[PDB]
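I have placed the structure first, in the form of structure tokens, so that the comments after it can refer back to it.
We name chains A, B, ... by the order of the sequence lines, and we start the count at 1 in each one. Side chains included, hydrogens not; waters and symmetry mates left out as well; all remaining heavy atoms used. Counting starts at 1 for both ligands and their atoms, following the listed order.
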Amino acid sequence: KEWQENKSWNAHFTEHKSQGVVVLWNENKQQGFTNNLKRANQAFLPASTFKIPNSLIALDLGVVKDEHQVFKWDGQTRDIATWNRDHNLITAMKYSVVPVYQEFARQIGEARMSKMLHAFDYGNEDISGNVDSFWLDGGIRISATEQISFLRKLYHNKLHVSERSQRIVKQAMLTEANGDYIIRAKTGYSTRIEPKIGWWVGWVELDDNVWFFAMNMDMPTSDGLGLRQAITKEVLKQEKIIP
Amino acid sequence: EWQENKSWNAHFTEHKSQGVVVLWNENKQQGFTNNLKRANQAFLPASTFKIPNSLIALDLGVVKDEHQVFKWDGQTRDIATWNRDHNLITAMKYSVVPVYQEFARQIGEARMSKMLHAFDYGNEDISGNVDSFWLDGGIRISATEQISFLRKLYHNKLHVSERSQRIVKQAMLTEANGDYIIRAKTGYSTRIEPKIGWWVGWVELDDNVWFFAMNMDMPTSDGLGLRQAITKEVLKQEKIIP
Ligand SMILES: *C(=O)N1C[C@H](NOS(=O)(=O)O)CC[C@H]1C(N)=O
Ligand SMILES: *C(=O)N1C[C@H](NOS(=O)(=O)O)CC[C@H]1C(N)=O
Ligand SMILES: [Cl-]
Ligand SMILES: [Cl-]
Ligand SMILES: [Cl-]
Ligand SMILES: [Cl-]
């Protein structure tokens, strides 16, 4: 059976006084699992998880030459200290540097952004709003299941951009690696339209399988942001995917 | 420029051990070592040779990509992890010699010799069995020459495709967290004296990369854990990793 509900995972949200969904996909078995089939299919603003398609499009169009090209700080002091400094693609992804990605989106422009999101079958494919903010307060929406379908295409180099573009973005997604697993992922935090939600989307590479994941959770304040990873890892540990 | 830091000898002494750690600061273009003579001593690369071997195999099409499966030949060997199917990523991780011996046989002596010349790799001498020269043949490379080769790989400057270089750097991934990424390969030269352990690679930080190459005397497999442990003690002392 393709999609299966595991209500036992709700204990991981309950135990943190949280509400959300975790979706897993077993690539070898071509089967998916979720605590909440309805919420797995509800669409939300992608917020910073949009850095994955934005990175791909920027590299494929040559807006970003490679993962070492330096994007100079514009000398405007912002809220997040790690943003007030020079970045390359690796560090801009790591510190989720919005102003770097805003400039990419402006250089890409509305016409190319729209065509590439259709080509990617990415969420509702709707870029209505400002070209440098639609993933934060515009028309674009994506579900946890639609994140999985996009990431599977990236993993297999099946997106309609160069293999090189896809390999570079997967490098930039690297989050954790040890002798047991590799996680390639991207966090997000949608705050401008209700409900406020946190995301964590990506995959776990094991020796002989890959488990795709997409989670979102209600995030009324920034206090709970560490639960995006903590809850996903509690589910991965339950299912014996990581130790 | 090069500098000797004898204080790192303490990390070797404490584990009753002899060897060398070489570090290269890419931003400053400066090298550091506990032993300048040993930094330039050339040894058999043993399993560290999997780095150039993978590059050549990918560039020639002997390996199509990092997913291609190399089926176990059915010969039961001493290392349990070798007695199973592998791809490039797991073959590097478990250092599966028989997979790399088959690559070498398909590359062949002529293309292997030419490619090591193009890479400026060590003494560029493949004398011996085409499928064992890096374990018991004539090839020799120093810790400083390992760093030279790795800097070219890091910058995509080796004369193979960018794609081959990106795949091998993916396969080298050893560790990553919010502080650092290590891309590296271990080795153990067991067949020709002196028996030594290797660890070569680099640490990626937000705004610098530190290349490293270490080797140490390894009279038995009991001290293999020290290859990483002594290197990490030097990286901590130098405030490169927490
Ligand atoms: C992305 O969702 N954003 C940028 C930055 N990212 O941190 S996250 O990756 O930990 O979610 C701050 C939150 C958010 C934004 N406010 O634009
Ligand atoms: C490579 O040097 N070798 C293959 C294998 N890997 O050990 S490693 O951890 O040093 O990579 C065993 C040692 C050695 C060999 N015996 O050929
Ligand atoms: Cl963003
Ligand atoms: Cl990687
Ligand atoms: Cl080998
Ligand atoms: Cl490439």
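In this structure, the drug modeled at ligand 2 is avibactam (bound form). The chain that avibactam (bound form, ligand 2) touches most here appears in the PDB entry under the name Beta-lactamase. By chain letter, the other chains having a heavy atom closer than 4.0 Å to avibactam (bound form, ligand 2) are B. Nearest protein heavy-atom neighbour of atom 10 (O) of avibactam (bound form, ligand 2): B:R227 NH1, 2.6 Å. With B:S95, B:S189, B:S132 as candidates, the residue nearest to atom 7 (O) of avibactam (bound form, ligand 2) on a non-hydrogen basis is B:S95.
In summary, the atoms of avibactam (bound form, ligand 2) found under 4.0 Å from a heavy atom of B:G187, numbered by their order in the structure, are 2 (O), 10 (O). From avibactam (bound form, ligand 2), the nearest residue that UniProt flags as active site in chain B, along with the heavy-atom distance to 1 Å, is B:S47, 1 Å. As deposited, the covalent attachment of avibactam (bound form, ligand 2) is at B:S47 OG.
Closest heavy-atom approach to atom 2 (O) of avibactam (bound form, ligand 2) among the candidates B:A46, B:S47, B:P98: B:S47. Within a heavy-atom distance under 4.0 Å, avibactam (bound form, ligand 2) reaches the following UniProt beta-lactam-binding residues of chain B: B:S47, B:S95, B:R227. Checked by distance only, avibactam (bound form, ligand 2) and B:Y188 come closer than 3.5 Å through their nitrogen or oxygen atoms. Here is the list of avibactam (bound form, ligand 2) atoms found below 4.0 Å of a heavy atom in B:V97: 4 (C), 17 (O).
The side chain of B:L135, and not its backbone, has at least one atom closer than 4.0 Å to an atom of avibactam (bound form, ligand 2) (non-hydrogen atoms only; side chain from C-beta on). If you look at B:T186 next to avibactam (bound form, ligand 2), the close heavy atoms, those under 4.0 Å, come from the backbone and the side chain alike. Contact atoms of avibactam (bound form, ligand 2) toward B:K185: 11 (O) (distance under 4.0 Å to a heavy atom of the residue). For the ligand labelled avibactam (bound form, ligand 2), residue B:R191 lies outside the 4.0 Å heavy-atom shell. The 4.0 Å heavy-atom shell around avibactam (bound form, ligand 2) contains B:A46, B:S47, B:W82, B:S95, B:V97, B:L135, B:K185, B:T186, B:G187, B:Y188, B:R227.
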